[PDB]
Novice: 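Provided herewith is a single structure, encoded as structure tokens, for subsequent inquiry.
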Amino acid sequence: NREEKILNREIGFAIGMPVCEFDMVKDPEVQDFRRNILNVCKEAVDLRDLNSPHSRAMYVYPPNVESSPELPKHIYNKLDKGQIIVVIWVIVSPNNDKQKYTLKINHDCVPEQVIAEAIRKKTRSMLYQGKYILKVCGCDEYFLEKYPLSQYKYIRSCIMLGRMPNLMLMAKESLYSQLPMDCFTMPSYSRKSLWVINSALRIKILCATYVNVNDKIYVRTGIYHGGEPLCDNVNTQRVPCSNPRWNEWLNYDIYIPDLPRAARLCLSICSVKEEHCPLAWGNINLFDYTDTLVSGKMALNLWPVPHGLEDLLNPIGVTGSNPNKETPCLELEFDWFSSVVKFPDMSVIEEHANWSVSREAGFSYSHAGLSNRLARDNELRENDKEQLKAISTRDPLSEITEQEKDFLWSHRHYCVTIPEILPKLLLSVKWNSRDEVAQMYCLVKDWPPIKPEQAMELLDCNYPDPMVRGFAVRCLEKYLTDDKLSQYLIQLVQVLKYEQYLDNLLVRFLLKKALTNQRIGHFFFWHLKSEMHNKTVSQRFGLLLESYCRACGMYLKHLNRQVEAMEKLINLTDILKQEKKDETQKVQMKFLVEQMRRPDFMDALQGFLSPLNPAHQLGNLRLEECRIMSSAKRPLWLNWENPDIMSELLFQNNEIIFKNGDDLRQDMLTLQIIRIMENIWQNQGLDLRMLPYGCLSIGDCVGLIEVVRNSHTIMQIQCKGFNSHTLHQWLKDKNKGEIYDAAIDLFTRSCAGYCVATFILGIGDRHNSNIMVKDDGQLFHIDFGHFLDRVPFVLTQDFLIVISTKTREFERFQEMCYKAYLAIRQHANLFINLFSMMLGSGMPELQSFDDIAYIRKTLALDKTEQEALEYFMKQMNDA
Ligand SMILES: COc1ccc(-c2cc3c(C)nc(N)nc3n([C@H]3CC[C@H](OCCO)CC3)c2=O)cn1
């Protein structure tokens with residue numbers, strides 16, 4: 001139609017490839033995902049059309065609230081008798097006069113209540129009903145829901161900062177006048193035997209093509225469930241280099257009905273010299289998306305080995321053929337049985353599980369042989385019930401012995417009483433034994449829900465089973481707040497890579513939330529779009545992006561304006577670091593200024609939302625405040641006017657650093673971990689102010705960085721002014737009076753926060769230029785080069801003098817680092833889980849579980865609470 005043709009050009013621009021291309025794809029799964037996902041779209045749109053227009057407003061401007069309405073002790077204490085002084089603004093008459101009405105009201109007042117007092121003060125300022133809404137002055141953040149005022153992140157941040165909230169009052173009708181009439185349309189594309197196989201698995205390696213020049217070669221194979229072999233790996237015969245025809249059947253120690261649902265064939269072409277090397281790799285799901293077992297002739301196009309691969313295989317790697325067909329192509333053959341073999345229905349598995357529990361009970365009783373895996377009733381002693389608990393308290397990095405596994409499995413029915421043990425019991429299963437797997441399925445089917453922070457662990461590369469991942473999704477669906485879903489969004493987008501198929505419970509969950517919360521949808525779009533360059537995820541992420549863009553609504557027009565901006569800056573910074581690299585900042589700036597005269601450039605680089613915070617409107621480009629930086633990759637310091645009616649009450653200008661050349665993924669993760677550490681310390685009552693500024697990767701070593709206003713590096717404070725006493729005097733000068741005592745306190749609390757953080761994460765070398773200080777004393781670190789692969793933030797005499805060595809303030813400071821280290825140690829399981837989910841991300845500083853182990857060392861998990869306290873105590877004295 002007319003609208004369908006306009007939509008597809010808009011979707012195409014957003015993804016970076018035309019939609020017609022997805023149709024010219026003959027994979028039934030691709031076309032099934034495309035059609036079968038459409039109900040997740042339908043449900044999301046329906047929820048937005050439910051309480052229209054209010055429900056459409058909640059979509060476009062979701063309330064930005066904290067997870068709990070409860071405030072910590074140190075936060076509540078800042079309120080003058082549990083009450084907050086709030087400032088409500090009104091835009092009066094035709095001359096748009098800003099008029100403030102100050103209040104002092106209960107921090108837990110709902111926005112409809114706050115409005116009432118503001119109308120009461122307006123009616124009294126001389127001596128209406130609820131057709132109004134509250135907005136943050138200077139940004140598009142609204143207060144459309146009945147939450148305690150202190151629950152909104154702006155209000156809580158204000159309390160924390162000792163800043164007075166500035167909110168603007170406006171008509172509900174004036175906001176709804178900005179929400180357009182969106183319509184969802186149905187696209188043009190929308191309109192056996194089971195365990196009866198009494199046989200062992202064999203796979204024929206026929207031949208290899210596109211394998212030529214540059215001693216011998218072979219095909220290394222293995223059958224895997226996650227990253228664990230379901231039997232021993234089987235190699236083909238060694239063969240001369242250019243001639244690769246094996247025509248060999250490989251015979252595996254697995255009986256076909258014993259194959260788990262998420263069983264994979266993991267293969268690689270290896271070179272020999274004593275020194276075996278993988279040339280290419282590829283993995284195949286033994287069952288297709290429809291539960292059908294792979295049969296017959298097949299050809300798999302192979303992938304290049306990832307930089308820094310362990311063994312000769314890549315089990316954690318992507319499944320399916322490499323799209324580039326000019327690559328090593330391996331031709332295989334699978335046994336064809338009586339008909340089309342299909343994995344049994346849940347009911348057949350349910351009956352076999354009941355049969356297995358029965359045969360298990362009458363097995364021994366009447367066996368004669370010994371079994372450490374048979375379940376025994378009444379034989380569970382209180383000293384071993386307390387030993388089972390000690391297992392559940394173990395970190396995800398800790399090794400679980402074969403004895404502990406047999407122990408855990410014989411107690412599989414008790415385990416249901418310690419629900420947080422499940423990841424360990426799931427590892428304890430003999431995943432190559434249909435008998436135990438059918439039984440495990442029924443346990444999960446009725447397993448007590450676990451916390452989302454625990455659920456997430458069952459979504460890394462170790463838990464491939466659809467039932468295990470389905471239960472994890474179910475725990476998130478019911479217990480994960482939007483605040484928290486937003487906080488862990490980069491790991492949830494990352495673990496999508498561990499999914500066997502396009503259509504799954506996780507993608508369905510993530511997409512429903514994306515299409516019912518625009519703040520989630522923004523970052524869901526950007527985290528997906530930023531990996532379109534990566535061919536390993538291009539199709540899955542592209543299809544996910546198509547389904548998103550097809551139902552997001554008018555936000556696509558906003559996303560496309562953002563895409564056009566980043567594309568211009570990439571083009572711009574390409575020319576500077578290529579051609580005009582050694583040219584002066586005046587000539588380089590003359591080129592930018594000449595390019596800004598161009599219409600396509602002055603439309604693109606102005607009047608669009610900030611990808612770091614879509615609540616921020618980037619108006620006119622103030623070139624006069626922009627500069628090409630001195631850094632090697634020629635990054636841009638960019639300055640935009642804040643076109644908000646009340647910009648002045650937040651920030652009149654918005655500064656973003658656009659960088660093209662370096663990987664921002666490692667900074668993205670370090671800044672996320674900081675936000676988390678900060679939120680852990682804050683929840684535990686100890687106020688250690690951190691600054692996880694915005695950093696977003698938009699592609700292949702391209703991204704944006706939030707500039708922190710009123711900040712200078714440690715070097716800049718030393719330089720303009722060898723010198724070791726300048727910092728304190730500068731902070732005394734920038735905070736003279738009673739204002740000084742607050743600044744010294746904000747420097748120590750922030751200085752303590754970064755001391756712990758950097759130590760734990762093993763962050764890159766911290767110097768005078770890698771550290772920064774705000775006008776109020778707030779200390780923060782920047783450019784986190786590389787983590788894990790020592791105390792990097794060495795407290796020099798410079799920082800020590802600002803603290804007040806044998807002082808009362810330094811005795812308070814040490815007590816700040818100590819509680820903080822204990823606070824992170826009590827949460828090490830979460831941090832371990834966040835890094836594990838990122839293994840799939842191609843990050844060099846995080847390629848194996850060995851890398852994550854660094855935080856088991858620095859957080860002394862194998863030691864005790866007092867022992868680890870002694871570890872941090874000892875490591876902090878060595879400077
Ligand atoms: C991963 O890549 C990167 C690249 C840049 C930054 C980066 C962040 C930053 C922030 C958040 N806030 C403020 N205020 N400044 C900042 N800077 C400035 C440092 C001083 C410099 O001054 C000129 C040379 O001395 C101007 C730039 C940065 O570089 C961080 N990570």
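Residue indices begin at 1 and follow the sequence shown. Values reported hereafter were calculated over all heavy atoms of this structure, with side chains retained and with hydrogens, waters and symmetry mates removed. One-based numbering, in listed order, for ligands and for the atoms of each. Structure determined by X-ray crystallography, 2.8 Å.
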Novice: Just wondering what drug sits at ligand 1.
Specialist: PF-04691502
Novice: Okay, contact question: for PF-04691502, which chain racks up the most heavy-atom pairs under 4.5 Å? Name from UniProt, please.
Specialist: Phosphatidylinositol 4,5-bisphosphate 3-kinase catalytic subunit alpha isoform
Novice: Please name the UniProt domain of chain A carrying most of the interface with PF-04691502.
Specialist: PI3K/PI4K catalytic
